[PDB]
Each structure stands twice: as structure tokens, then as C-alpha cells.
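Indometacin:Prostaglandin reductase 2 complex.
The numbers used for chain A are those of the PDB entry, and the residues that appear cover 1-60, 65-346, in sequence. Every number for a ligand or one of its atoms is a count from 1 in the order of the listing. We use all heavy atoms of the structure for the numbers below, so side chains are in, but hydrogens, waters and symmetry mates are not.
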Amino acid sequence: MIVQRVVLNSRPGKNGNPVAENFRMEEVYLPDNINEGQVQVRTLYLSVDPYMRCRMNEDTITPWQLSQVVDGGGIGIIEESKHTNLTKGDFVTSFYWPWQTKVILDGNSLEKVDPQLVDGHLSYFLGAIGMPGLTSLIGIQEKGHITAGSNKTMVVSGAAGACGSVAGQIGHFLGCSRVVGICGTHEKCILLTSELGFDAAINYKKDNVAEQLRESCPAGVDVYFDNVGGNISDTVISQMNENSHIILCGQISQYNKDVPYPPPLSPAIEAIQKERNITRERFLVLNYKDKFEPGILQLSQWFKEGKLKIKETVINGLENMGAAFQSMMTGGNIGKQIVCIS
Ligand SMILES: NC(=O)c1ccc[n+]([C@@H]2O[C@H](COP(=O)([O-])OP(=O)(O)OC[C@H]3O[C@@H](n4cnc5c(N)ncnc54)[C@H](OP(=O)(O)O)[C@@H]3O)[C@@H](O)[C@H]2O)c1
Ligand SMILES: COc1ccc2c(c1)c(CC(=O)O)c(C)n2C(=O)c1ccc(Cl)cc1
């Protein structure tokens, strides 16, 4: 059998912008034999995620290698098994799925998923009922310091993306009385306020952010779910209250620069931080793998109850992996960027 796969073609440079050309699609034969403890899976969906930007650089786990197959989050279906708890027809996922239409994997690296949790919408396991959703829920639970009925105001940057779109709804579910998002287009702002329940949405590219935050957050900001960093965050931090908390989820505005992570705050912003006693600690969802079960069950519950709205942008075809990554990195996605493989 002949399958398609995607390999890393070129590096954009630690200070470069990633582009679709950094990837190349090829055709290869799929081995006709599977060893023991190994399974053959048909790839259904693949995720593209901002952390991948660092895997394209020569340094920072392992980076992708030129000419070798790329990998990342994926969901598929078992076609042939030689591993105990894995059977033809089982739906599985892995953080290291090769960007290839069909692949042979060691069952040990796979994890069975229950279609019932997502009402059969398997791509949701790569988003809101998956890692980004877990990141938002656990991040707010572990670093948000909210309380049922606090009347707190939360600001969310990267508000219309995978983590941000879920974080804002979760802020309201857990007690925030006001949730304001910051995103890059008016189309996203209207989606946030009209469908996801945000109280206000600011377009950082065209609106006066500072002024708009003053209007929409009349009582300051108690919680900042930060996905972008940079100048947007400085503006947000400026309007934050005493003893507030920044959930440091990501700093995507810095991912195409040669800087340390987490980026440090500018002198004046850091002074404000410390003076107001604002907490800003590193947060890595992988450090809470024991809350993954209850997180996923809670996220599923809220979705089944009609409370949690799940937005995704699906692109079709493996040949489009590089275009999807490039698109997500530049704001073309609303909600979770997904690639449908078959
Ligand atoms: N701490 C953890 O364990 C953890 C886990 C998963 C993800 N993350 C982090 O969370 C963030 C969001 O991840 P995601 O998967 O949900 O991706 P996403 O938000 O769905 O997609 C990226 C979005 O970032 C925005 N963006 C790109 N460049 C930007 C810039 N220079 N300035 C401002 N906004 C920019 C774009 O939308 P706009 O149109 O609004 O600009 C884009 O759609 C990333 O920073 C990621 O590294 C952290
Ligand atoms: C350089 O920075 C990285 C590298 C991998 C990361 C992350 C950040 C973040 C944090 C972020 O996006 O800032 C998350 C959540 N990662 C994973 O879940 C993950 C996915 C697949 C494999 Cl294999 C191993 C880890």
C-alpha cells in the first residue's frame, strides 16, 4: 500500500515566520507487516498547535528533523492490532501521531478514547474535550483563584482560539461575573459575544485596547488568562487589581523571536506587577496529568449540557498541514485548528 506523509522541508530560522513551504508532502509504501504489540491505524484528524513552532527550530523535547516525518496530536481508528487492549475498530489518540495517512504504531504509545464523551465528534478530543480544553480548565482551577460568586472580572487574550474560547466560557461557569476577550478580528469579537457568552470582545488590531478595557472592565481585572504576551499583556497588566492573578498559558506573540520563555515583563510592567502583588507563575498542563480524567469528564459534561460551546476550523487533507499550521499561527482559525485526514 502507498500512503501520504508530511516531512519537514526547511526551517524558518529562530527569528523567522513559519510558512507552508517549511513542509513537504511525499508518498511512501506502508509496511505490509506489523510486529507484536504494534497496531496499524487509519489517521482521522491531526492537530496543529503553537508549541510546534519551537520544534521547527534547531534548538528546543526534540525538534523536528529535516526530511523526517512530522508528528503531533492525532486521532485515528485501529485497522489491525497485535496489542492486547486494542482491537480493529477502536478509536485511539496519541501526542505523537505521525503526519501520515495510515501508520504502524506500538500500541503502548496509544490511548483509547470514548466517542460517547464527544457525541461522536472525534475532532473535539484534539480541542475543547482534549489538551487545549484541559489546559484552560486546569489553568483556571489551579492558578485562577476564582470562587463561585466572586463578581470577578477575567480578561482572556487569544480569546477566539482553542484555549482562549474555552477559558472564557469556563470563567463564567466558575464564578466570574465579567469575561472580556481580546482577539485579532471583528469577526472573532462578534462570535465571542454573540455565541460564547463573552461580555465584551476587543480587536487588538483596530480598537484602542486600553480605552476599551477601561469601558468593559470598570472595576479592573482580577484574572488574566494569557495566551499571547507582549504588548497586549502589558496593556492588560496595567489595568489589573491588587492581588490579581495571571494564568500564564502561552506567549504566542514571542514564538517567532529568539527570546527566553517565559518572556520577562518590561521594567515598567514588572514594577506594576510586583507593586500590585500580581502572581504570574509558569503553567504547564502536563504537570497535572492526574486531573486529566476529571477535567475531561467535566468538559464533556458541560458540552453535553449545552453550556460549553465548541468552535473549530477544519481544513481537509494531509497536503494542507503546512497551510493549516501557517494559518493558525497567523489567526486564520476560529476556535481549534483541525486537519481532517479521512
Ligand atoms: N501552558 C500549557 O500547557 C499550554 C497548553 C496548550 C496551549 N498553550 C499555549 O496557549 C496558546 C494558545 O494555543 P491554542 O492552541 O489555543 O492556539 P489558538 O489560540 O487556537 O491559535 C493561535 C492564535 O493566536 C493568535 N495570535 C498569533 N500570533 C499572534 C500575535 N503576534 N499576537 C496576538 N495574537 C496572536 C491568533 O489569533 P488572533 O486572530 O486573535 O491574533 C491565532 O489564531 C499558545 O500560546 C500555546 O503555546 C499552553
Ligand atoms: C517549547 O515549548 C513546548 C513543547 C511541547 C508542549 C508545550 C511547549 C506546551 C506548552 C505550550 O504550548 O506553551 C504543551 C502543552 N506541550 C505538549 O502538550 C506536548 C505535546 C506533544 C509532546 Cl509530545 C510533548 C508535549
- Query: If I want every instance of indometacin, which ligands or chains should I look at?
  - Reply: ligand 2
- Message: Among all the protein's non-hydrogen atoms, which is closest to atom 24 (C) of indometacin, and how far away is it?
- Response: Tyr100 OH, 4.0 Å
- How far is atom 10 (C) of indometacin from its nearest protein heavy atom, and which residue and atom name does that atom have? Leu288 CD1, 3.7 Å
- Any idea which protein heavy atom is nearest atom 5 (C) of indometacin, and the distance to it? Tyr51 CD1, 3.4 Å
- Task: Identify, by atom number and element, the atoms of indometacin in contact range of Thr60, meaning under 4.0 Å from any of its heavy atoms.
- Result: 1 (C)
- Message: To check your reading of the model: name the closest protein heavy atom to atom 25 (C) of indometacin, its residue, and the distance in Å.
- Response: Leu290 CD1, 3.6 Å
- Message: For atom 15 (C) of indometacin, what's the nearest protein heavy-atom neighbour? Residue, atom name and distance, please.
- Response: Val289 CG1, 3.8 Å
- Just which atoms of indometacin are under 4.0 Å from any heavy atom in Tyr259? 13 (O)
- Query: For atom 1 (C) of indometacin, which protein heavy atom lies nearest, and how many Å away is it?
  - Reply: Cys54 SG, 3.0 Å
